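Structure with imatinib present.
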Amino acid sequence: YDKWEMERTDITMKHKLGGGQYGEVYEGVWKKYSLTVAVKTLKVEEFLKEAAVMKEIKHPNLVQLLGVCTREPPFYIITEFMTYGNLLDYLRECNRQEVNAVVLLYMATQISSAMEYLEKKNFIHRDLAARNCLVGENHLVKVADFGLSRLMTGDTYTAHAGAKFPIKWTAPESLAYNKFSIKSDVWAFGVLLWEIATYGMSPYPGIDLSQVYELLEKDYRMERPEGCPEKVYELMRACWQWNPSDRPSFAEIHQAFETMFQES
Ligand SMILES: Cc1ccc(NC(=O)c2ccc(CN3CCN(C)CC3)cc2)cc1Nc1nccc(-c2cccnc2)n1
Ligand SMILES: O=C(NC1=NN(c2ccc(Cl)c(Cl)c2)C[C@@H]1CCO)c1ccncc1
C-alpha cells in the first residue's frame, strides 16, 4: 500500500455515474474536502496497471488520480469529477453564443497542452476524441481515457484487426499495420479539432466506414468546416499528413495555439 492508498470510509459512494454510461464508475464524495469524485470499481492485472500509469500523470489538463483502495475488494480508482461531463455531449448541448470562437480556441489549446505533456513523458493515448475529454467550470478541459471501446454501443467503434477501432479517428498506419504512436495521437487530435469546430458532429458525415481508408489513401481530407478559422484548419491538415513523421509535434501544436490565443 503506497502513497495513493486511501481509506474506503473517506468516500461516500453514490449512484453509477450517468447510470451505466461509463460501466462500473460511480459518483462519490471525498467527504473531508466536500468534493465530488469519480470512482472506478472492479466488478485485475489491467485494473492495477491503469492505476500505476495514472500515478505518473500530473497535469492541469489531464484527469487527476486522487487515490486508490486496494486492501480488499472491490478495488477503487478515484479521480476528480468534472462538472459538465464529457466534451462531445457538452459541445452538442452548449449555448453556442457563450461557447464562442475564443472559448473553442481555449479548449483546443488545453487539449494540446495535455498531449504535449504525454508526448514529453513518452506516453501514447491511443483513443483521443471529444468523447474522452471532460469539461469543468470556467471552460476547463481535461483529457481522459474511459476505455469506451468495450462500453459504447453504436458505430463509433467497429470490428477491425480483431479489436474495436474508432475508424474515423484512427490514423492510416494504425488502421493498416496496427502501428500506434504519439503521431497517431496527432492524427486523432486533428479529428478532435474538427469535432470542436462543428460542435460535436460525427466526422466524415455521410461517408460509409467501408470507404474511409481508401479515401484517405487517395488524399481525401475533410474540408474546412463552416466558421472554422483558416489558421486552425491549417493545423488540422498538418495533423492529417499521410506520413506520421510529417505531422507536427504536440509541442509545436500547443505553441501554435498559445500564439493564437494571446493574439485574440
Ligand atoms: C474514475 C476514473 C478512473 C480511471 C480513469 N482513467 C483515465 O481517464 C486515464 C487517462 C489517461 C491514461 C493514460 N494512458 C496512457 C496509455 N494509453 C495507452 C492509454 C491512456 C489512463 C487512464 C478516469 C476516471 N474518471 C472518470 N471515468 C469515467 C467518467 C468520469 C467522469 C464523468 C463525468 C464527469 N466527471 C467525471 N471520470
Ligand atoms: O462557426 C462555426 N464553428 C466555429 N469554429 N470555430 C473554431 C474556433 C477555434 C477552434 Cl480551435 C476551432 Cl476547432 C473552431 C469558431 C466557429 C464558432 C464561433 O463562431 C460553426 C458554424 C456552423 N455550425 C457549427 C459551427
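All chain A residue numbers match the PDB entry; in order, they span 251-293, 299-519. Any value given below was found using the heavy atoms of this structure, including those in side chains, with hydrogens, waters and symmetry copies removed. Counting starts at 1 for both ligands and their atoms, in listed order.
To find every copy of imatinib, look at ligand 1. Here the macromolecule with the greatest number of atom pairs within 4.5 Å of imatinib is listed in UniProt as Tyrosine-protein kinase ABL1. Among all non-hydrogen protein atoms, the one lying nearest atom 14 (N) of imatinib is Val308 CG1, 4.0 Å.
At a heavy-atom distance under 4.0 Å, only side-chain atoms of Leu389, from C-beta outward, approach imatinib. Distances below 4.0 Å separate heavy atoms of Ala399 from the following atoms of imatinib: 8 (O), 10 (C). On the PDB entry, the origin listed for chain A is Homo sapiens. Less than 4.0 angstrom separates some heavy atom of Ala288 from each of these atoms of imatinib: 1 (C), 26 (C), 37 (N). Atoms of imatinib found under 4.0 Å from any heavy atom of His380 (numbered from 1 in listed order, with element): 17 (N), 18 (C), 19 (C), 20 (C).
Under a heavy-atom cut-off of 4.0 Å from imatinib, the UniProt ATP-binding residues of chain A that qualify: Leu267, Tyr272, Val275, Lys290, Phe336, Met337.
In terms of polar-atom proximity, defined here as any N/O pair under 3.5 Å, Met337 does make such a contact with imatinib.
Nearest-heavy-atom check against atom 2 (C) of imatinib across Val323, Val287, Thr334 picks out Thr334. With atom 16 (C) of imatinib as the reference point, the heavy atom nearest to it among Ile379, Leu406, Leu320 is part of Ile379. At least one heavy atom of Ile312 sits less than 4.0 Å from an atom of imatinib. Taking each of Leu403, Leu267, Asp400 in turn, the one with a heavy atom nearest to atom 10 (C) of imatinib proves to be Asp400.
UniProt domain boundaries put most chain A contacts with imatinib inside Protein kinase.
Contacts with imatinib closer than 4.0 Å are made by side-chain heavy atoms of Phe401 only, the backbone lying farther away. Applying the 4.0 Å criterion to heavy atoms of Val318 picks out, from imatinib, the atoms 7 (C), 8 (O), 10 (C).
Contacts with imatinib closer than 4.0 Å are made by side-chain heavy atoms of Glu305 only, the backbone lying farther away.
Residue contact check: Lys290 has heavy atoms under 4.0 Å from atoms 1 (C), 3 (C) of imatinib. Heavy-atom distances to 1 Å put the closest UniProt active-site residue of chain A relative to imatinib at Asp382, 6 Å. Near imatinib, within 4.0 Å on a heavy-atom basis, the structure shows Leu267, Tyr272, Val275, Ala288, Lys290, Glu305, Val308, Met309, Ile312, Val318, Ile332, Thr334, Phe336, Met337, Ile379, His380, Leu389, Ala399, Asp400, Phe401.
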